[PDB]
Amino acid sequence: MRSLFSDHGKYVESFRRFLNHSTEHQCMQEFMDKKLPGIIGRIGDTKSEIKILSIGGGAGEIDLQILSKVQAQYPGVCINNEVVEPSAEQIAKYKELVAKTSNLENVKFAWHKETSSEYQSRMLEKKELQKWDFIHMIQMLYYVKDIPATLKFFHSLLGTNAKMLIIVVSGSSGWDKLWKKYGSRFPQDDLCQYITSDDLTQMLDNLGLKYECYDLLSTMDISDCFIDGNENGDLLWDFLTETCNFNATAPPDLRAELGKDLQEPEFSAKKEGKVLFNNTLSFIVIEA
Ligand SMILES: Nc1ncnc2c1ncn2[C@@H]1O[C@H](CSCC[C@H](N)C(=O)O)[C@@H](O)[C@H]1O
Ligand SMILES: CN(C)CCOC(c1ccccc1)c1ccccc1
């Protein structure tokens, strides 16, 4: 079997299906609407510039949501929003979104096409550690090799009253049950590792950092996955399993087992015939 990651065209089509077949971004929009204001409400105090470091910012959708809340809290204050993103393709879409969006006149953007570890090394030999007011790592720690080192390093870059936000799937999510039970059966690329809030809270406790973790229910419409030959269903099958052409390349036995479990309460909830996979997210806020 081939991991969905070794086929950009596939991964992109699969992912796109995901965002359009779940409450991922809405769930986050809810957090940004009801929680973020209180979280970043004092990060700009006493400053004439608010520095925001986006790690794994991707295409910029969530980043702008965040920018909107900081501006609302600090009218007229200049914002330096730097992005660390290894994908040239993502960076291009990000810049495109910025141009097509209004009310961003007070924000300065800067994109660094590198990974978070490459950014770290590039900074360490600068023998001048810069400070940031808000650092966020949204749904990207899966792609980081050394997580504890990453957490300690970026936490060391937090300035006065600064905060760091990390988002990953919750240990109570369906993904957690999925990876525990079928993880070994799925393809394995050294380009990613399974991570849940459980892993991060253990690491944070051991690092001795101060933090708070909040979970918000989120679902993934897996209904269509049941209909044979269905377009949306199969696309979502590849995603969920992180494999190219699952409903056609995966052993018939594995397909049956998994197909049944996805129906179990541990993984999903059957509401109005609609099958909703548990995509609960965890939002972790670390203090300077
Ligand atoms: N080692 C690494 N360091 C930083 N970003 C990385 C990375 N490996 C992958 N990424 C980036 O991590 C992102 C994961 S998808 C992230 C979603 C984005 N933050 C938003 O919520 O929509 C992609 O844009 C990807 O290219
Ligand atoms: C992050 N959300 C979208 C949950 C699904 O996570 C997935 C995932 C991410 C991208 C594409 C398919 C599946 C994952 C697989 C392996 C290692 C780490 C994560």
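We number chain A the same way the PDB entry does; the residues here are 5-292, in that order. Indexing begins at 1, ligand by ligand and atom by atom, following the structure's order.
- In this structure, the drug found at ligand 2 is diphenhydramine.
- Taking the chain with most contacts, the partner of diphenhydramine (ligand 2) here is, per the PDB entry, Histamine N-methyltransferase.
- By chain and number, the binding site of diphenhydramine (ligand 2) (heavy atoms under 4.0 Å) reads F9, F22, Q143, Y146, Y147, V173, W179, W183, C196, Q197, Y198, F243.
- The PDB header gives the source organism of chain A as Homo sapiens.
- Each of the atoms 16 (C), 17 (C) of diphenhydramine (ligand 2) lies under 4.0 Å from some heavy atom of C196.
- Residue list (UniProt substrate-binding, chain A, heavy atom under 4.0 Å from diphenhydramine (ligand 2)): empty.
- When each atom of diphenhydramine (ligand 2) is checked for a heavy atom of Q197 under 4.0 Å away, the hits are 17 (C), 18 (C).
- Atoms of diphenhydramine (ligand 2) lying under 4.0 Å from at least one heavy atom of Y147, given by number and element, are 9 (C), 10 (C).
- Close approach of diphenhydramine (ligand 2) to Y198 is summarised as follows: ligand atoms under 4.0 Å from at least one heavy atom of the residue are 16 (C), 17 (C).
- Nearby ligands and ions (under 4.0 Å from diphenhydramine (ligand 2)): none.
- Listed by number with element, the atoms of diphenhydramine (ligand 2) under 4.0 angstrom from any heavy atom of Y146 are 1 (C), 18 (C), 19 (C).
- In chain A, no residue that UniProt lists as binding S-adenosyl-L-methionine has a heavy atom under 4.0 Å from diphenhydramine (ligand 2).
- With ligand atoms numbered from 1 in the order given, diphenhydramine (ligand 2) contributes 4 (C), 5 (C) to contacts under 4.0 Å with heavy atoms of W179.
- Set against the non-hydrogen atoms of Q143, the atoms of diphenhydramine (ligand 2) under 4.0 Å away are 1 (C), 2 (N).
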